[PDB]
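The model below depicts capsid protein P24 holding lenacapavir.
Order of the sequence lines sets the chain letters (A, B, ...), proteins ahead of strands, with each chain counted from 1. Technique stated in the header: X-ray crystallography, 3.3 Å. In listed order, ligands and their atoms are each counted from 1.
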Amino acid sequence: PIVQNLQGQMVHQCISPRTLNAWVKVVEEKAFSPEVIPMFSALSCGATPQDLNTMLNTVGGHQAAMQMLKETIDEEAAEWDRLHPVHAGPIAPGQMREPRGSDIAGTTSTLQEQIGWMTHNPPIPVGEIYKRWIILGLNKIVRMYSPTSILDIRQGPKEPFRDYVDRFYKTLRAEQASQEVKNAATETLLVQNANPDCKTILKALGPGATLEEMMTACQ
Amino acid sequence: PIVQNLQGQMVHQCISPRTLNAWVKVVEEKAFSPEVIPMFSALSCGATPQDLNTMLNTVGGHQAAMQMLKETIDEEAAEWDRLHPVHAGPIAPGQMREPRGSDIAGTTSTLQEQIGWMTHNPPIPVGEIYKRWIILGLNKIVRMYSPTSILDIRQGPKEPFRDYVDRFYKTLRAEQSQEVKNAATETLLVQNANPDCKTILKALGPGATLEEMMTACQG
Amino acid sequence: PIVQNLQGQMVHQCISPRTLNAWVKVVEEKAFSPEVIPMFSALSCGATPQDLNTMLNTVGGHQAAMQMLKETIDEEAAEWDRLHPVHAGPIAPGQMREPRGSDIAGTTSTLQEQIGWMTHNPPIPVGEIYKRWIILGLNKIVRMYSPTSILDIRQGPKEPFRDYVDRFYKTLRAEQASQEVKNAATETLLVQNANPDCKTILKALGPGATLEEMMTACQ
Amino acid sequence: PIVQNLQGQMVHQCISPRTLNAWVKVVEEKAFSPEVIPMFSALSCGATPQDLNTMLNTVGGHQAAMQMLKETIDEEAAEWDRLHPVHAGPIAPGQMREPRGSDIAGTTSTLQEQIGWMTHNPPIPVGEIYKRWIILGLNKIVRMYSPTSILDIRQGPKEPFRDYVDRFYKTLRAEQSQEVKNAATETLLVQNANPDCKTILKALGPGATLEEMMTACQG
Amino acid sequence: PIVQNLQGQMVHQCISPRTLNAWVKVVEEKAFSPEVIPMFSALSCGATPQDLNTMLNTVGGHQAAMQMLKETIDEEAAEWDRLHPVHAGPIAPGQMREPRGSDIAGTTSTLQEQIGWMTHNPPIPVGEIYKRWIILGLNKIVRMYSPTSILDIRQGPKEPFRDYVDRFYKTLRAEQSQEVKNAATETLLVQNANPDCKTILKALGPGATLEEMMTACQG
Amino acid sequence: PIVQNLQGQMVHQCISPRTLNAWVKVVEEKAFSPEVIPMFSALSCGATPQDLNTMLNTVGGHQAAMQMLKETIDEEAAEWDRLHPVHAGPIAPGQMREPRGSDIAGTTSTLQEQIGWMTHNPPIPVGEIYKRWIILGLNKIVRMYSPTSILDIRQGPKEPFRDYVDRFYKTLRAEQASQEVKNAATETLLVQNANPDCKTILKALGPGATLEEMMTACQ
Ligand SMILES: CC(C)(C#Cc1ccc(-c2ccc(Cl)c3c(NS(C)(=O)=O)nn(CC(F)(F)F)c23)c([C@H](Cc2cc(F)cc(F)c2)NC(=O)Cn2nc(C(F)(F)F)c3c2C(F)(F)[C@@H]2C[C@H]32)n1)S(C)(=O)=O
Ligand SMILES: CC(C)(C#Cc1ccc(-c2ccc(Cl)c3c(NS(C)(=O)=O)nn(CC(F)(F)F)c23)c([C@H](Cc2cc(F)cc(F)c2)NC(=O)Cn2nc(C(F)(F)F)c3c2C(F)(F)[C@@H]2C[C@H]32)n1)S(C)(=O)=O
Ligand SMILES: CC(C)(C#Cc1ccc(-c2ccc(Cl)c3c(NS(C)(=O)=O)nn(CC(F)(F)F)c23)c([C@H](Cc2cc(F)cc(F)c2)NC(=O)Cn2nc(C(F)(F)F)c3c2C(F)(F)[C@@H]2C[C@H]32)n1)S(C)(=O)=O
Ligand SMILES: CC(C)(C#Cc1ccc(-c2ccc(Cl)c3c(NS(C)(=O)=O)nn(CC(F)(F)F)c23)c([C@H](Cc2cc(F)cc(F)c2)NC(=O)Cn2nc(C(F)(F)F)c3c2C(F)(F)[C@@H]2C[C@H]32)n1)S(C)(=O)=O
Ligand SMILES: CC(C)(C#Cc1ccc(-c2ccc(Cl)c3c(NS(C)(=O)=O)nn(CC(F)(F)F)c23)c([C@H](Cc2cc(F)cc(F)c2)NC(=O)Cn2nc(C(F)(F)F)c3c2C(F)(F)[C@@H]2C[C@H]32)n1)S(C)(=O)=O
Ligand SMILES: CC(C)(C#Cc1ccc(-c2ccc(Cl)c3c(NS(C)(=O)=O)nn(CC(F)(F)F)c23)c([C@H](Cc2cc(F)cc(F)c2)NC(=O)Cn2nc(C(F)(F)F)c3c2C(F)(F)[C@@H]2C[C@H]32)n1)S(C)(=O)=O
Ligand SMILES: [Cl-]
Ligand SMILES: [Cl-]
Ligand SMILES: [Cl-]
Ligand SMILES: [Cl-]
Ligand SMILES: [Cl-]
Ligand SMILES: [Cl-]
Ligand SMILES: [Cl-]
Ligand SMILES: [Cl-]
Ligand SMILES: [Cl-]
Ligand SMILES: [Cl-]
Ligand SMILES: [Cl-]
Ligand SMILES: [Cl-]
Ligand SMILES: [Cl-]
Ligand SMILES: [Cl-]
Ligand SMILES: [Cl-]
Ligand SMILES: [Cl-]
Ligand SMILES: [Cl-]
Ligand SMILES: [Cl-]
Ligand SMILES: [Cl-]
Ligand SMILES: [Cl-]
Ligand SMILES: [Cl-]
Ligand SMILES: [Cl-]
Ligand SMILES: [Cl-]
Ligand SMILES: [Cl-]
Ligand SMILES: [Cl-]
Ligand SMILES: [Cl-]
Ligand SMILES: [Cl-]
Ligand SMILES: [Cl-]
Ligand SMILES: [Cl-]
Ligand SMILES: [Cl-]
Ligand SMILES: [Cl-]
Ligand SMILES: [Cl-]
Ligand SMILES: [Cl-]
Ligand SMILES: [Cl-]
Ligand SMILES: [Cl-]
Ligand SMILES: [Cl-]
C-alpha cells in the first residue's frame with residue numbers, strides 16, 4: 001500500500017502477511033457472500049494495482065468468478081481509454097506519463113510507475129480506480145452466485161417475523177442495485193409476502209410503519 | 001481511523017485486519033448481547049464514517065437488525081438536519097462545507113471530506129456523531145432481541161443466590177435510563193428471591209449492600 | 001490509553017483489539033481467581049476512565065459481581081467528593097475543572113476532559129484513581145467468590161507437603177488483607193494443620209525454618 | 001528486507017517471524033498450486049537475496065522441485081553474466097563493484113554488499129532480479145506439478161456449468177503466455193461443455209461474455 | 001518495561017498483552033522445567049520491578065513455589081540492605097533517594113521512582129537487580145521440583161545411546177555451578193552406560209567428544 | 001537484537017515474544033531437520049550473544065544435541081583465542097576491550113559489553129561470530145541425526161521419479177558439506193540408483209540433461 005510517513009510524504013509499504021492471510025481466509029470461508037465486498041475494500045486500503053492483483057491472485061478456486069472479474073476489468077479499462085486518450089510526447093523531468101486502462105489494471109505498468117501516479121501532486125489514484133473496477137466486478141459475482149430471488153422470500157406460517165426479515169434483506173443485499181430499487185422491493189414484497197396472520201396486522205399499521213414497529217407488532 | 005501519529009499530527013490510517021476480524025468475530029459469537037456495544041465502540045475508536053460503514057457492512061446475517069439500524073440512522077440524521085439549517089454559498093478555499101445528516105452517515109460524503117472535517121480547527125467530529133447514532137440504534141436491537149423480561153427473573157427454591165442475581169442483572173442490562181433500572185434493584189430483586197432468602201433479606205433491613213445481601217443468602 | 005509520543009507529549013491512543021480480547025478471555029477462563037487482578041491492572045496500563053469502563057462493560061456474565069463493583073465505586077466516589085469539595089468559579093483558559101467522583105468514574109466526564117486531566121502539568125491521574133477503586137472492588141469479589149476458608153486447609157495423611165502448601169497459599173491469596181494478617185495466618189495454621197508425621201518433623205525445625213527448609217524436611 | 005523507515009531512508013530490517021511462518025505454512029498446505037507464486041512475491045516484498053535464500057531454505061520437502069529451482073537460477077545467472085561482461089579495476093571508495101550472477105543469487109555476495117547495491121544511487125535491484133529468477137523457476141514447478149491437461153477438462157452430463165468452468169480455469173492457470181491461454185477460452189471451453197449446455201452456447205453466438213454463458217447454462 | 005524509543009530516549013512502556021499471555025502460558029505448560037528461566041528472563045527484558053511483580057502475580061497455582069520465591073527475595077534484599085547502609089538527609093531536587101531492598105522488590109517504591117532510578121545518569125538498574133533475585137529464586141524451585149537425581153539416570157540394555165544421553169543432560173540441567181556439572185559428564189556418563197556401549201567407550205579412551213561417543217554407540 | 005533507530009544509531013532491542021515462541025515451536029515440531037538452520041539464522045537476525053544463549057536455552061529436550069553444541073562452541077572459542085591473543089593494558093575512554101572466545105559466547109561478557117562491541121565503529125560483530133559457531137554446531141547435529149545415507153537412496157520399481165529425487169536430495173541436504181561434494185554425489189548416484197526403466201531412459205539423455213529434463217523423461 002501507499003501510506004504517509006512522518007515527513008508528510010506518501011511512501012510505498014509492503015503488503016503485510018496479516019493482510020494477505022485475511023483476504024485468502026475470508027474468501028475460503030465466506031465465498032462471495034455480500035460481506036466479501038467490504039472486507040476486500042478495507043483489506044485493500046491504499047493498495048497499489050500490484051497489491052490488488054496480488055490479493056486476487058492469491059484466491060484459490062472460484063476461477064470462473066475470477067475470469068468474470070478480468071472481463072469486467074477489461075470493459076472498464078476500454079471505457080477509461082476511450083474517455084482518456086493519451087497524448088503522445090516526451091514525459092517531462094517532473095511528470096508521469098498518463099495511464100492507460102492496462103496501466104491502472106497493472107498489466108502494462110511497473111510498481112514504480114504506480115507509486116509515481118499515486119504519490120503525484122495532485123495524485124492520479126490508479127489504485128482506487130482499479131479497486132472501483134474490481135468491486136464492480138465482484139458485485140456482479142455476488143449477484144450471480146446468489147441462490148434465491150427476492151420474489152421467493154415468503155414468510156412461513158410458523159416462521160418468526162425476525163427470521164423472515166433476515167432472509168428478505170439477506171437476499172436483497174446479494175442483488176446489488178440502487179437503493180431506489182431496494183426501497184421499491186421492500187414496499188412491494190415485505191408486507192405482501194408475510195404470512196396471513198402477520199400480514200393483516202401490518203396492513204393496519206399502514207405504509208408509514210418503521211421496521212422496528214413492524215417487528216414489534218408481529219412478535 | 002483518524003489517529004495521532006508519533007509527532008502530534010492527526011493522520012488517516014487504514015482499519016487493521018485485526019480490527020476488522022475482531023468485530024466480525026464478536027458479532028458471530030455474541031450477536032447482540034449487551035457486551036457487543038462496548039466492543040463496537042472501542043474497536044471503532046477514531047473511526048471515520050467510512051470505517052463505521054465498513055464495520056457494519058462486514059456483519060453477516062442479522063440483516064433485519066441491520067435494517068432497523070438504517071432506520072434509526074435516518075431519524076437521527078433527519079433530527080440533525082432539522083437542527084442545522086443549510087447555508088448556501090461558495091465554500092472558501094481554506095474551510096469546508098457544513099456536513100448534512102447524510103454526510104455524517106457517509107452516504108453522500110467522500111472519505112477525504114470526512115478526513116477534512118475531523119482534522120479541521122476546531123474539529124467537527126462526524127465520526128463520533130455517526131458512532132453515537134449507531135450505538136443508539138444498536139441499543140434498540142439489544143432491547144428487542146432480549147428474550148426475557150426482568151419481571152420473569154425469579155430465584156428458584158434451590159438455586160444459589162449468586163446465580164439468581166447473575167441472571168437478574170444480566171436480564172436488566174439487556175432491558176434498557178437508571179430512572180427505573182436503579183428501581184429494579186432492591187425492590188424487584190428482593191421480591192423475586194425465594195422464600196428462604198427473602199425472609200433473610202427482610203431482616204437485613206433497608207440500605208443493605210449487594211455484598212451484604214449475597215453474604216446473607218450464602219447459606 | 002495515554003502514552004508518550006516522541007515529542008515528549010502525553011497523547012491519547014486507542015485501546016487495542018488485543019487488549020480488549022485479552023481481558024474478555026481472561027475473565028471467561030479464570031473468572032475471579034486472584035490472578036485476575038494483576039491481569040486487569042497490566043491490561044489497563046495507562047487507561048482512561050473510558051477505557052476502564054470499556055473493559056468492564058465487555059465482561060459477559062458475572063453481572064452480580066459487576067454490580068458489586070459499581071457499589072464499591074460509588075462509596076469511593078462519595079469519599080473522594082467529601083475529601084475534595086469542588087470550588088465554583090469559571091475555569092481559566094489554561095486549566096481544567098476539578099473532577100468529581102463521578103468524573104473519575106467517567107459517568108459525568110467526557111473523554112476529552114479525562115485526557116485533559118491526565119495530560120495536565122501536573123497531571124491529575126483520574127484513570128489511576130478510578131483503577132484503585134475498581135481493584136478495591138475486584139478484591140472484594142475475589143474474597144467473596146473464594147470457596148474455601150483458610151481454617152479448612154489441613155494436610156492429608158498421604159498428601160505431599162507441596163500440594164498442601166499449594167492449597168494453603170492459594171486459599172490465603174484469595175482472602176486479600178494485609179500481609180501482617182497473612183503472616184499471622186501462616187504462623188497459626190501451616191504447621192499446625194500439617195499431618196501428624198510432617199507436623200512432628202517441622203516442630204523440631206522451629207519457628208525460624210524457611211519454607212524451602214520446611215518443604216525439604218517433609219519430602 | 002530493505003524498506004523505507006518513517007523518515008524516508010532505506011534501511012535493512014530483519015525478516016519477521018510472521019513472514020517466515022506464513023511462507024512455510026503456505027508451502028505446507030498449498031505446495032505449488034498457482035496461488036503460491038503471488039504469496040511468495042508478496043511475502044518477499046523488499047527482500048534481499050539473503051532473505052530470498054532464507055525463504056527458499058525454510059521449505060521442508062519438495063527438494064526435487066527446489067533442485068529444479070537451483071538449475072533455473074543458474075541458467076538465468078549465466079544469461080545475466082553473458083549480458084554483463086566483467087570490468088576489471090579497483091573499486092572506488094564511494095561506489096560498489098558490479099554484481100555477477102552468483103552475487104544476485106547471494107551465493108558469492110555478503111548481506112552488506114546486497115544492502116549497499118540496493119541503497120545505491122541509482123539502485124541496482126538485485127533482490128528483485130533474484131526474485132524474478134525465482135518466480136521464473138517456481139512457474140516451471142507449477143507447470144510440471146500440474147496433474148491434468150486442459151484438453152482433459154470436460155463438463156459432465158449432470159455437472160453444473162459453474163463447477164465445470166471452475167475446473168477449466170483452475171487447470172488453465174496451472175498450465176502455463178496469453179497467446180494461447182486466451183485461445184483456450186471460448187474455443188476449447190465451448191467444445192468441452194456437455195451436449196445440453198453446448199447446444200445453448202451455439203445459440204448465444206460469438207462474442208458472449210462468460211457471465212452470459214454462465215447465465216445461459218444455469219438451467 | 002523501560003525501553004529506548006526511536007529517537008534514543010529511555011521511556012516507560014506498558015507490558016504488552018502478548019508478553020503477559022506468553023509468560024502465563026509458559027508456566028501453565030512447562031511449570032518449572034529448566035527452560036522456564038530463559039523464557040522469564042527474555043520476556044522480562046527491560047522490566048521495572050512493577051512489571052516483574054506483575055508477571056509473578058499472574059501465575060496461577062504453584063503458590064508454594066511462589067512463596068519460596070518471596071522468601072528468597074527477602075534474604076537477598078536483606079543482604080542488599082546490609083551492604084548499602086542508609087544515609088539520612090534531604091533528597092536534592094535533581095537526584096533520587098537511594099533504593100532499599102524493599103524498593104528493588106517494588107513493595108515500598110512507586111512505579112515513578114523505579115522509572116526515575118532507571119533513567120538516572122548513571123542508571124541504578126533496580127529492575128535487573130530484582131530480576132537477578134527472582135532468577136536466583138526460580139533456580140531453587142527448578143532444583144527442588146526436579147524429580148530424578150543424576151545418579152539414577154542409567155542407560156537401559158536396549159535403549160539407544162542418544163535417548164540415554166538426552167535423559168542424562170535433561171536431568172543434569174534440572175540438578176543445579178560447572179564445578180561438578182562438568183564432573184558429571186565423562187565420568188558419571190560413561191559409568192551409567194549399559195555394558196555393551198560401556199565397553200565401546202573404554203576403547204575410545206579419554207578425551208573423546210560427545211559426538212565421538214554418540215557415533216561409537218550408534219550400533 | 002541490535003537494530004537501527006531513526007537517528008542512525010545501532011541500539012539494543014528486546015527479543016520479542018513472537019521470536020522466542022517461533023524458535024521454541026520450530027524445534028518442537030521439526031527437531032533437527034535441515035530447515036532448522038535457516039529458521040534459527042533468520043529468527044536470530046541481529047541477535048546479541050545473550051539473545052543467542054536465550055534462544056538455545058529455551059529449547060526443551062534434545063539436551064544431548066545441546067551439549068554437542070557447547071563442545072563445538074568451545075573448540076571454535078579456543079581457535080578464536082589462539083588466533084586473537086588479547087593484549088593487556090588499560091581500556092581507553094572511547095574504546096572496548098578485545099573479546100575472548102568466552103566473551104563472544106557470552107559466558108564472560110555482559111550484555112552491555114556485547115552492545116558496545118556490536119555498536120562500535122567499526123563494529124566487532126560478536127553476535128555474528130557466535131552465530132557462526134552455533135550454526136557450525138547445528139550442522140553437525142543435523143548430519144548426526146540424519147537416519148539415511150545417500151548410498152541407500154534407490155528408486156523403487158514402481159516409485160515415481162519425483163518421489164525418488166525428493167528422497168535423494170532430502171537425504172543429501174541433511175549431510176552438509178560443500179556443494180562440490182554434493183554435485184559429486186548426484187553425478188555418482190542419482191542416475192545409477194534409478195530403477196532399470198528410468199535408468200535406461202536417462203542414460204540416453206546423457207550427463208548434460210537438466211533435472212527438469214530428467215524428471216520429464218521419466219514421467
Ligand atoms: C462500498 C463501501 C465504500 C460502502 C458503503 C456504505 C455507505 C453508506 C452506508 C449507509 C449508512 C447509513 C444509512 Cl441510513 C444508509 C442508507 N439509508 S437508506 C434506508 O438507503 O435510505 N443507505 N446507505 C447506503 C447508500 F447510501 F449507499 F445507499 C446507508 C452503507 C450501509 C452501512 C450500514 C450497514 C448496516 F448493516 C446497517 C447500517 F445502519 C448501515 N450499507 C448498506 O446499506 C448495505 N445494505 N443494503 C441493504 C438492502 F439491500 F437489503 F437494502 C441493507 C444494507 C444494510 F444496511 F446492511 C442492511 C440490511 C440492509 N454503506 S464499503 C464500507 O463496503 O467498503
Ligand atoms: C459501552 C460504553 C459506551 C460505556 C460506558 C459506561 C459509562 C459509565 C459507566 C459507569 C461508571 C461508574 C458508575 Cl458508578 C456508573 C453507574 N452508577 S449508577 C448506580 O447507575 O448510578 N452507572 N453507570 C453506567 C451509566 F453511566 F451508563 F449509567 C456507571 C459504565 C459502567 C461501568 C461498569 C461496568 C461493569 F460491568 C461493572 C461496573 F462496576 C462498572 N457500565 C454499566 O453500568 C453497564 N451496566 N448496566 C446495568 C443495568 F442497566 F443492567 F443495571 C448494569 C451494568 C453493570 F454495571 F455492568 C452491572 C450489572 C449492572 N459504563 S464504552 C465506554 O465501552 O464505549
Ligand atoms: C546459511 C544461509 C545464510 C544461506 C544460504 C544460501 C545461499 C545461496 C543459496 C543458493 C541460491 C541459488 C543458487 Cl543457483 C545456489 C547454488 N547453485 S549450485 C547448483 O550449488 O551450483 N548453490 N547455492 C548455495 C551455495 F552457493 F552455498 F552452494 C545457491 C542457498 C540455497 C537457496 C535455495 C534453496 C532452494 F530450495 C532452491 C533454490 F533455488 C535456492 N540453499 C541450498 O542450496 C541448500 N541445498 N543443498 C542441497 C543439496 F545438498 F541437496 F544439494 C539442495 C539445496 C536446495 F537448494 F534447497 C535444494 C534441494 C537442493 N542458500 S541461510 C539463508 O540458511 O540462513
Ligand atoms: C503473481 C504476481 C506476480 C502477479 C500478477 C498479475 C499481473 C497482472 C494481472 C492482470 C490484471 C488485469 C488484467 Cl485485465 C489482466 C489480464 N487480461 S487478459 C484477457 O489476459 O489479456 N491478464 N492478466 C494477467 C497477466 F498480466 F499476467 F497476463 C491481467 C494479474 C491477474 C489479476 C487477477 C486475478 C484474479 F484471480 C482475477 C482477476 F480478475 C484478475 N491475474 C491472472 O490473470 C492470473 N490468471 N491466469 C489465468 C489463466 F492463465 F489460467 F488464464 C487466469 C488468471 C485469473 F485472472 F485469475 C483467472 C482464471 C484466469 N496478475 S503478484 C502481483 O502477486 O506478485
Ligand atoms: C497490585 C500490584 C500493583 C502489585 C504488586 C506486588 C508488589 C510487591 C510484591 C512483592 C515482591 C517481593 C516480595 Cl519479597 C514481597 C513481599 N514480602 S513479604 C513475605 O510479605 O514480607 N510482600 N510483597 C507484597 C507486599 F509488599 F505488598 F506485601 C512482595 C508483590 C508480590 C509479587 C510476587 C509474587 C509471587 F508469586 C512470588 C514473589 F516472589 C513475588 N505479590 C504477592 O506477594 C501476592 N501474594 N500473597 C500471598 C499470600 F497471601 F498467600 F501470602 C502470596 C503471594 C505470592 F507472592 F504470590 C505467593 C504465594 C504467596 N506484588 S499488581 C503487579 O498485581 O498489578
Ligand atoms: C537463562 C539465561 C539467564 C542464560 C544463559 C547462558 C549463558 C551462557 C551460556 C554458555 C554459552 C557458551 C558456553 Cl561454551 C557455555 C558453557 N561451557 S562449559 C563446558 O560449561 O564451561 N557453559 N555455559 C553456561 C554457563 F555459562 F551458565 F555456565 C555456556 C549458556 C548456555 C547456552 C547453550 C544452551 C544450549 F541449550 C546449548 C548450547 F550449546 C549452549 N546454556 C547452558 O549451558 C544451559 N545448560 N546447563 C547444562 C547442565 F548444567 F545440565 F550441564 C547444560 C546446558 C546445555 F548447554 F543446554 C546443555 C545440556 C547441558 N546460557 S538467559 C541469557 O536466557 O536469560
Ligand atoms: Cl503483520
Ligand atoms: Cl499472518
Ligand atoms: Cl477457496
Ligand atoms: Cl502489477
Ligand atoms: Cl499472472
Ligand atoms: Cl486455483
Ligand atoms: Cl494488524
Ligand atoms: Cl487478523
Ligand atoms: Cl463512506
Ligand atoms: Cl453498500
Ligand atoms: Cl448477509
Ligand atoms: Cl458541531
Ligand atoms: Cl493489536
Ligand atoms: Cl485481536
Ligand atoms: Cl463469561
Ligand atoms: Cl466514559
Ligand atoms: Cl452503560
Ligand atoms: Cl451480560
Ligand atoms: Cl512479527
Ligand atoms: Cl509467527
Ligand atoms: Cl546470502
Ligand atoms: Cl545452504
Ligand atoms: Cl528437507
Ligand atoms: Cl541494472
Ligand atoms: Cl501487543
Ligand atoms: Cl495476546
Ligand atoms: Cl510495584
Ligand atoms: Cl499483592
Ligand atoms: Cl492462585
Ligand atoms: Cl548500583
Ligand atoms: Cl511480538
Ligand atoms: Cl507470542
Ligand atoms: Cl522439544
Ligand atoms: Cl549472556
Ligand atoms: Cl546457564
Ligand atoms: Cl530440558
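For lenacapavir, the full set of ligands or chains is ligands 1, 2, 3, 4, 5 and 6. At a heavy-atom cut-off of 4.0 Å, the other chains in contact with lenacapavir (ligand 6) are listed as E, F.
For lenacapavir (ligand 6), the heavy-atom contacts closer than 4.0 Å come from E:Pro38, E:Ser41, E:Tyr169, E:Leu172, E:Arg173, E:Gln178, F:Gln50, F:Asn53, F:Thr54, F:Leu56, F:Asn57, F:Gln63, F:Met66, F:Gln67, F:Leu69, F:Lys70, F:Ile73, F:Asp74, F:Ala105, F:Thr107, F:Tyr130.
Lab note: per PDB, source of chain F = Human immunodeficiency virus 1.
Among the ligands and ions shown, the ones besides lenacapavir (ligand 6) lying under 4.0 Å from that drug are ligand 41 (chloride ion).
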